[PDB]
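Okay, structure first, notes after.
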Amino acid sequence: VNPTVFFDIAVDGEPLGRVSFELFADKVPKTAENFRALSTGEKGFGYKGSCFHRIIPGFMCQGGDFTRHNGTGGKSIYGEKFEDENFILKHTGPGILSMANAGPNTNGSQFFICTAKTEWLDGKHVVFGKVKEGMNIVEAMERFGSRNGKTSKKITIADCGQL
Amino acid sequence: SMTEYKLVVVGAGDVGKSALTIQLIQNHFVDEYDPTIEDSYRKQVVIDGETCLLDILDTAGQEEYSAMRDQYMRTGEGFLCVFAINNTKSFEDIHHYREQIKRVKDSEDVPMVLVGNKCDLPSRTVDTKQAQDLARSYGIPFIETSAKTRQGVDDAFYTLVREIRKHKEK
Ligand SMILES: CCn1c(-c2cc(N3CCN(C)CC3)cnc2[C@H](C)OC)c2c3cc(ccc31)-c1csc(n1)C[C@H](NC(=O)[C@H]1C[C@@H]1C)C(=O)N1CCC[C@H](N1)C(=O)OCC(C)(C)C2
Ligand SMILES: Nc1nc2c(ncn2[C@@H]2O[C@H](COP(=O)(O)OP(=O)(O)NP(=O)(O)O)[C@@H](O)[C@H]2O)c(=O)[nH]1
Ligand SMILES: [Mg+2]
């Protein structure tokens with residue numbers, strides 16, 4: 001069975017709500033496991049306390065830089081980066097969870113949640129999960145973004161783990 | 001009030017467009033990977049005795065969005081065309097940026113400056129003469145820069161302003 005993880009989202013320290021994700025371990029086990037472990041913090045580091053540094057209304061919310069907290073960092077449980085596992089799954093619409101990268105085979109910890117269909121990213125970013133509950137939380141995060149993604153409040157993962 | 005100049009920084013990804021702009025605006029350099037969506041900055045300077053306001057658009061090198069450039073190319077007055085002297089592909093990518101600018105603005109007379117960045121680095125694969133010859137064939141200045149050492153940073157932006165001045169009195 002596919003694991004489930006949750007994010008408790010805060011806005012300038014004030015609670016907003018919980019988003020949970022199904023992780024497609026059945027299709028992308030190595031990428032799903034990276035995200036799962038980072039959501040539990042079981043390796044001594046992970047998503048807890050990090051922010052969504054790039055939010056662009058109409059497109060996506062991106063976060064996962066827990067090493068520099070500014071969009072230039074992050075690391076996987078396998079080393080700084082790891083390869084593209086496969087591109088079986090597509091960016092079909094809102095709620096898709098997919099890996100950010102700096103080109104081929106540069107997955108770290110940064111990820112994005114789609115708020116629309118982003119099919120031009122197919123075959124370049126590894127899709128590995130989907131929002132299960134709390135998509136309205138993600139919709140609510142959008143208004144703190146902008147055209148270039150700078151956020152007007154600090155949107156943070158106040159808590160996260162496995163369900 | 002002082003004249004404003006609309007400068008646009010273009011070029012392939014990772015050549016140093018943002019590092020150059022942040023050196024100009026903020027006078028510091030960090031060696032981190034922070035790929036640009038789009039950023040805009042303002043700075044007042046003195047050039048050839050004349051005070052002016054630089055409006056700088058720092059654009060995305062991200063190659064997949066090459067069809068998204070027409071509007072900022074129509075709006076911009078002058079273009080800093082940046083490549084890195086240790087990346088021959090970024091030098092080859094320059095031609096496509098210039099052709100796109102000329103096409104979009106439907107003119108052979110667009111203010112531009114060719115900038116060879118990262119000249120602090122030992123692994124140079126594009127010679128100075130190679131870039132000087134290209135700039136000569138374009139009819140535009142060439143300036144070598146380092147965002148890391150600040151070599152040539154002011155010179156590149158200021159020269160582009162000089163090129164826009166020479167065009168608006170034409
Ligand atoms: C032309 C303007 N632009 C645009 C753009 C594109 C469109 N359309 C394209 C599709 N057609 C059909 C309709 C119109 C409309 N409007 C805009 C924006 C709103 O105009 C201002 C984008 C973009 C992305 C980059 C640069 C410029 C860019 C970029 C620069 S680094 C990058 N992508 C990839 C990015 N790596 C990183 O962060 C690295 C640091 C980490 C490790 C990454 O893994 N992810 C995850 C996937 C999403 C991506 N970030 C991102 O942010 O996508 C923004 C988005 C708006 C989705 C696309
Ligand atoms: N040694 C050296 N490194 C530089 C120089 N300019 C930029 N860099 C480095 O090269 C990398 C890319 O720089 P950056 O300015 O982000 O490039 P960009 O052209 O803005 N990339 P993008 O189009 O994705 O926004 C960074 O690691 C930066 O520190 C330079 O003059 N010298
Ligand atoms: Mg940049």
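Below, chains carry the letters A, B, ... as their sequence lines are ordered, and counting in each starts from 1. In what follows, every heavy atom counts, from backbone to side chain, and hydrogens, waters and symmetry copies are set aside. Counting starts at 1 for both ligands and their atoms, in listed order.
- As PDB records put it, the drug at ligand 1 is daraxonrasib.
- Contact analysis gives the chain with most pairs under 4.5 Å to daraxonrasib as the one UniProt calls Peptidyl-prolyl cis-trans isomerase A, N-terminally processed.
- Other chains in heavy-atom range of daraxonrasib (under 4.0 Å): A, B.
- Lab note: entry names chain B as GTPase KRas.
- Comparing heavy-atom distances from atom 37 (C) of daraxonrasib across A:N101, A:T106, A:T118, B:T59 singles out A:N101 as nearest.
- When A:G58, A:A116, A:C61, B:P35 are ranked by how near their heavy atoms come to atom 31 (S) of daraxonrasib, first place goes to B:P35.
- For atom 26 (C) of daraxonrasib, the choice among A:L121, B:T36, A:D65, A:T115 with the nearest heavy atom turns out to be B:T36.
- The closest heavy-atom contact to atom 21 (C) of daraxonrasib, among the options B:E63, A:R147, A:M60, B:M68, comes from A:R147.
- When A:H91, B:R69, B:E64, B:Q62 are ranked by how near their heavy atoms come to atom 33 (N) of daraxonrasib, first place goes to B:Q62.
- Residue B:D34 does not touch daraxonrasib, judged by heavy-atom distances below 4.0 Å.
- Here the shortest heavy-atom distance to atom 50 (N) of daraxonrasib, taken over B:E32, A:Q62, A:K124, A:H53, belongs to A:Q62.
- For daraxonrasib, the atoms lying closer than 4.0 Å to a non-hydrogen atom of A:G71 are 40 (C).
- Within chain A, the UniProt domain with the largest share of residues touching daraxonrasib is PPIase cyclophilin-type.
- Neither the backbone nor the side chain of B:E38 has any atom closer than 4.0 Å to an atom of daraxonrasib (non-hydrogen atoms only).
- Of all the heavy atoms of B:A60, the ones lying under 4.0 Å from any atom of daraxonrasib belong exclusively to the side chain.
- Taking each of B:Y65, B:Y72, A:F111 in turn, the one with a heavy atom nearest to atom 4 (C) of daraxonrasib proves to be B:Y65.
- Binding site of daraxonrasib at 4.0 Å, heavy atoms: A:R54, A:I56, A:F59, A:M60, A:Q62, A:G71, A:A100, A:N101, A:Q110, A:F112, A:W120, A:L121, A:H125, A:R147, B:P35, B:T36, B:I37, B:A60, B:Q62, B:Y65, B:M68.
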